[PDB]
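Below: one structure, written as structure tokens.
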Amino acid sequence: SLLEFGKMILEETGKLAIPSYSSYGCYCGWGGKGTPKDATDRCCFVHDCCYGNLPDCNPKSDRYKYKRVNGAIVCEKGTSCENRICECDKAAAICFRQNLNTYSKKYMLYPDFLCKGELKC
Ligand SMILES: CC1(C)Cc2c(-c3ccccc3)c(-c3ccc(Cl)cc3)c(CC(=O)O)n2C1
């Protein structure tokens with residue numbers, strides 16, 4: 001759920017999910033349209049697609065367990081949905097960390113009309 005995801009992001013990047021990643025670019029936030037603005041926005045695009053492969057699950061509210069094994073994120077065994085949700089989030093946290101160097105404040109609170117184009121999962 002958003003509770004585990006936010007904790008994961010904070011630990012990984014040092015940034016608070018809200019408002020660092022909740023209204024960033026075209027995909028980090030509600031829905032998404034157009035072409036991702038940068039690497040960080042691409043992370044959210046892929047994350048959005050990852051959740052999209054889980055029709056019957058509820059990523060926003062289903063809680064999973066995870067632990068750190070010397071920095072590494074390890075998803076604990078739970079329900080099938082919980083395991084898959086955790087893997088989606090873990091990937092996003094790592095992706096955000098790998099692209100922290102290009103994170104740009106000009107993409108915070110990005111205007112909707114500037115999101116134009118198409119990109120399929
Ligand atoms: C789909 C959203 C646009 C709606 C939403 C909430 C949200 C919260 C409450 C009620 C409605 C929506 C939170 C969110 C919430 C709380 C924390 Cl601690 C972190 C992130 C996040 C960031 C994320 O995890 O992707 N989002 C993205």
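All residue numbers in this chain count up from 1 along the given sequence. Note that these values count all heavy atoms, side chains included, but never hydrogens, waters or copies made by symmetry. Per deposition record, X-ray crystallography, 2.0 Å. We count ligands from 1, going down the list as the structure has it; atoms in each ligand are counted the same way.
Looking at ligand 1, one finds the drug licofelone. The chain with the most heavy-atom contacts to licofelone in this structure is named in the PDB entry as Phospholipase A2 VRV-PL-VIIIa.
Residues of chain A that UniProt gives as binding Ca(2+) and that have a heavy atom less than 4.0 Å from licofelone: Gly29. Numbered from 1 in the order shown, with element, the atoms of licofelone that lie under 4.0 Å from a heavy atom of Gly29 read 3 (C). For licofelone, the closest UniProt active-site residue in chain A and the least heavy-atom distance to 1 Å are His47, 6 Å. According to the deposit, the organism of chain A is Daboia russellii pulchella. With respect to atom 15 (C) of licofelone, the closest heavy atom belonging to the protein is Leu2 CD2, 3.9 Å. Listed by number with element, the atoms of licofelone under 4.0 angstrom from any heavy atom of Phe5 are 24 (O). There is no protein heavy atom less than 4.0 angstrom from atom 11 (C) of licofelone. Under the 4.0 angstrom criterion, atom 4 (C) of licofelone counts as having a protein heavy-atom contact. Looking from atom 1 (C) of licofelone to the surrounding protein, the closest heavy atom is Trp30 CE3, 3.8 Å. Nearest protein heavy-atom contact of atom 19 (C) of licofelone is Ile18 CG1, 3.6 Å. With the cut-off at 4.0 Å and only heavy atoms counted, the binding site of licofelone comes to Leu2, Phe5, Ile18, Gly29, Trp30.
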